[PDB]
Number of protein chains: 2
Amino acid sequence: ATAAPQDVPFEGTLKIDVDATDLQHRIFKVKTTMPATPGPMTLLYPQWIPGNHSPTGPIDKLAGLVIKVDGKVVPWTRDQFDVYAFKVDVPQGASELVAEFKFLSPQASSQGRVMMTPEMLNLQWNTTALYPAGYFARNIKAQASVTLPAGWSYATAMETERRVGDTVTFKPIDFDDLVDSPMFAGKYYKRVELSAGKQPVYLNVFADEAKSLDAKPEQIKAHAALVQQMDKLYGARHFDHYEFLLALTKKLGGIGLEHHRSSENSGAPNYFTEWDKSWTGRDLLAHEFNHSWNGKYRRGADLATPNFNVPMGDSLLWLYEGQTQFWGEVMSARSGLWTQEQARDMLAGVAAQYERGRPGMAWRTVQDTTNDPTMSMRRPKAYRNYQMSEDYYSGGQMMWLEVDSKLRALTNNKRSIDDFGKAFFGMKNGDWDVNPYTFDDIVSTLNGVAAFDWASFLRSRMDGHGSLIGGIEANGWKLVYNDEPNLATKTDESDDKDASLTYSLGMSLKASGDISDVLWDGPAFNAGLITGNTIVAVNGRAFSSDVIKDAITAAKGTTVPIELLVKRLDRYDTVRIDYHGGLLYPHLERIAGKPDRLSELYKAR
Amino acid sequence: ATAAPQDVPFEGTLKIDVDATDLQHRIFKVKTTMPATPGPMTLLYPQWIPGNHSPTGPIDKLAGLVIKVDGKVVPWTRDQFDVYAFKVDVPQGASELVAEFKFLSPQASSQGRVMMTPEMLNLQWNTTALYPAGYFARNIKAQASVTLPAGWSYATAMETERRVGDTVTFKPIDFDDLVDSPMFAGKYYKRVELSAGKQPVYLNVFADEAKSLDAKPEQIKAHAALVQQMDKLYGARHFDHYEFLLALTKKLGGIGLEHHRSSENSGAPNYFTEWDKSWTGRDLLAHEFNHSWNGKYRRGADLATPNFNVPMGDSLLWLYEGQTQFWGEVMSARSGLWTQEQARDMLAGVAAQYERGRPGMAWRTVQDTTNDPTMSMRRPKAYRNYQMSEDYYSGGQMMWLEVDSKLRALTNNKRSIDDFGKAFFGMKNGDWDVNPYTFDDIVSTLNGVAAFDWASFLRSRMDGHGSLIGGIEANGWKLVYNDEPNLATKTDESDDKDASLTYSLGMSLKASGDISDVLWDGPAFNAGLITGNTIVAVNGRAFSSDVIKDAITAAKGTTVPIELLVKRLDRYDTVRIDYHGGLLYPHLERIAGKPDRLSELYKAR
Ligand SMILES: CC(C)C[C@H](NC(=O)[C@@H](O)[C@H](N)Cc1ccccc1)C(=O)O
Ligand SMILES: CC(C)C[C@H](NC(=O)[C@@H](O)[C@H](N)Cc1ccccc1)C(=O)O
Ligand SMILES: [Zn+2]
Ligand SMILES: [Zn+2]
């Protein structure tokens, strides 16, 4: 076992030098230099990574580790009860320890998200760092450098000291901020100012091909409007400057990861060039940006750990991620990243997910899903709808919508969730240290906006099994289903011609006919169907998405079952599904006579 | 978080009832009943599973959990710092707790190994169990039952009380032995006696199709000879009876998992029907059977944990798995499961793997690979040859071969590793409780066979970076390479037309030309190639395994480089490989002047 980290000074500087030039093998070469204290010394590879809420440190990708003290090799021994901890014996009279190793980043998605391509790379300093055990991470002064592919541009919130040729030397920085200061680099780069002033915000775009960088003025303006709308909500910025990192790519592994003064984001090459086709993911930058307030600056006390190698407590992720999921979609509408119609159909899809798409809510609480990061590490699960899957995101969002609606009702619409945002995250402009909070702090700040038993309200939703969608009705709308496609579903289905049929047949299909998801206790489930089975034919006709949708519509209101020819492994059988509700996709409709608070919430300030 | 398990009596019986009939959804339905006193109670889902040496308990597949005390639901709360631990409050006057849940076994291999098919199933009791925290697992008396698909046969070492219809009630058993008593069930079943007597051994075969069960007399005899050869080695059996469980299948997930009185094994449907083609995997039953002595009965003290929810120490896996890997191959030859020529070429491949196929030994020791189970959980890695990958298996095997050769050299061939086997595992016939050992015990028993500094010998090999293949030459043979295919490689290549070129071009390829492996610092590596790249053409000719092999031979002894057309993502380039050694496959050849101890080692006793 590794001794607990202590809030004591670390003498000297942890030097971290990274060679990021072996794009072909996708290898980051690392040298870490630090003072050596005589006696046993334990070095740690970061395990629990802020923003991942789970022990995602890729320990088995650390290879070629050789440790030398004052130029002599010393053998290392891994702690079999802490496989992220390497112990060496430092001789008496020693001065300096050097550890050299390689981070073997994924050569295919099966190994994790790809971090190197022929045109760009993603350096996450936790993957290229060893640091001494026994210290709070913030007490370790670090100084990093990286050697880039020839002539590549780079971007990071971390301040550059100098670039000599292709070796970038950064100014000293605390080790926790180093891990929190990722770098993108690439040959096709555009830097766009989103906000000038004393706390400026920039957008750093890297692409597989330069043509993807052609952001149009109104599209840049929508990102600039995001910054303005966050200013209206919070009244403060928790950074001295902010660097959006955005990779437009089909080669780099997808990412959305927040930091204090930056975020790592990926989109498709058509993020800008096909604005109307790429909209469903455009809440990404709003989401990760919001975390600078909600998650990085303010963090649950059980989540704000002293180093990267003690476990994180995720109990409050329904605020961290849940309210950020909420604000990401709201701010997308307020900024023009989304249209109001797009944002409303997205919210309808969230509401339907918890009204009808989450039968696991009968036995599992949203609170318990804050354990999903460590339980599952986002590995494949058979029934996201019944096992549940990180619903502290979207279920949390629905609770925060209801919180907004209740604040309005208590105050005759003079207060809203905007007032909680300013009160809870708006203090101490410019500070980007960690300001921890507890559950009781959430309650007290809500009670300060409008007096109410908020503790019971939050517990009843997060520890309950009942409806989470009450914020829809209270804010003047109603969740409905009809045969009109949901804007998000339609965009997500089309071009590949897939078929999302969650609320009719209780399954989703690829264009090939392969079932990609099955709703627990739904019609497909009750025919014994599982993901991976194939719908070969519908009423005798070779499967297509149009064919099965037409058959569903033809069965609406009749008593003639839909006949599905199914391939299960190497067997074929025909099932008859007595489903006659037609195609059903969620939308929101106004409740006439009630105030439309929802549109006010989603309106630009 | 969770209180430590104590060696104190457990009052009552843990009843575990499993319904294994939902083959379509692949769901095991579970009811666990246990004594309960009022107040706080913590229930555990097994986490660290004996024989996996890592926390493989599938916690995220436990769904639908409802806990009732005296018929009334009690809410449960998971420990966010121990996600395998469930906490409830037991009301006053209660005597009994009932927990019901479902184990959602993998619906595809991406979720883990498949455990249900239309013809067979594999029940592992740890996946269908909750048990009270605070107790040594061996102190908990359990009693299990299972409801099978209609008419299915079953086999397990656990003794049956009665079968009523399709519900099997088992006799009470200690909870640790329950977890150690898996069950196979299926519609195509054959039971074969391998040894009669007071400690009988049976082979239980389940198949996708009945024709695969047609074991011929000489093939059954080889399995009977395996039991006889183990008797000669150890002189004792650590079980009152033993049940081989063997699944001949393309649908059940592959498995080799040892137990005290049974093992879980899978083979191809042609395990018997194409005996000469399916030979490379036939050390499986010899391997897992050997674990009844080495691993189950004798186990490292740091591995022999008190329950399933504290971490296991794997430091001695180079004995547990390493010597079992050794005996699995030796016993295949001694029993006739393998021919002597097959076993020799298999050993040649192991020797070559550490002579030339493990460049990672320059920085990592075999000892450190005992941490790979927890580090990697057998997830994909880019360079098994450089990161290393559980080399305590085959590297351990090579060390034990050298131990054998050294015992012979010290004793003028009067003692061998067979004497260590009998001395270390041959005590206490009939005993199948765990008999722990430490490193010092290994040393003392070796020293008792022949006096020598065995501690330094073992450490020099397991903590070193040098050669592990010294036992080959010491026992009278020499590792050589030539263009004659290795029998194991040829069989593993055949039918699919793959190309293993580790010792020539430093890579392996599928018939498609996709690179499946790259040797660190080898020729393919030095051309920048990675797994997933595709060799499109060789000297301009469309790739095939024969085409690239012919080109390698054509380049032998010349100065004309091999031209490879390569697809890297969406780009094509041609590389010139200056490799002129020809095809090189490992074999063993006699050193004519030296005594042939290797053949003695592999000879039937
Ligand atoms: C591309 C998007 C879907 C990315 C999105 N990212 C986020 O929500 C971030 O704010 C999360 N902090 C990223 C995260 C959370 C838990 C475990 C691993 C990674 C996510 O769901 O991971
Ligand atoms: C089919 C064969 C390859 C199976 C073989 N099984 C064994 O060696 C058993 O003795 C191991 N005890 C199985 C094992 C070890 C570590 C982690 C998971 C599972 C294995 O390598 O897993
Ligand atoms: Zn987030
Ligand atoms: Zn084994």
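Each chain is given a letter, A onward, matching its sequence line's place in the list. Heads up, chain A uses the PDB entry numbers, so what you see runs 22-626. The residues of chain B that appear here are 22-626 by the PDB entry count, in order. Whatever order the structure lists ligands and atoms in, that order sets their numbers, starting from 1. Displayed portion only: the contact tally does not extend beyond what is shown.
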task: List the drug name given for ligand 2.
output: Bestatin
message: Could you tell me the main partner of Bestatin (ligand 2) here, using whatever name the PDB entry has for it?
response: Putative glycyl aminopeptidase
query: Which chains, by letter, have non-hydrogen atoms under 4.0 Å from some atom of Bestatin (ligand 2)?
result: B
field: Closest protein heavy atom to atom 14 (C) of Bestatin (ligand 2), given as residue, atom name and distance to 0.1 Å
entry: B/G72 O, 3.2 Å
Closest protein heavy atom (residue, atom, distance) for atom 8 (O) of Bestatin (ligand 2): B/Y414 OH, 2.8 Å
task: Could you find the nearest protein heavy atom to atom 10 (O) of Bestatin (ligand 2) and give me its residue, atom name and distance?
output: B/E309 OE1, 2.7 Å
Atom 13 (C) of Bestatin (ligand 2) [closest protein heavy-atom partner, distance rounded to 0.1 Å]: B/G277 O, 3.3 Å
- prompt: What residue and atom, counting heavy atoms only, is the protein's closest point to atom 2 (C) of Bestatin (ligand 2), and at what distance?
  reply: B/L305 CD1, 4.2 Å
message: Okay, neighbours of Bestatin (ligand 2) under 4.0 Å, other ligands or ions only. What have we got?
response: ligand 4 (zinc ion)
message: I'm trying to map the binding site of Bestatin (ligand 2) - which residues have a heavy atom under 4.0 Å from it?
response: B/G72, B/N73, B/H74, B/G277, B/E279, B/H308, B/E309, B/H312, B/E342, B/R399, B/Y414
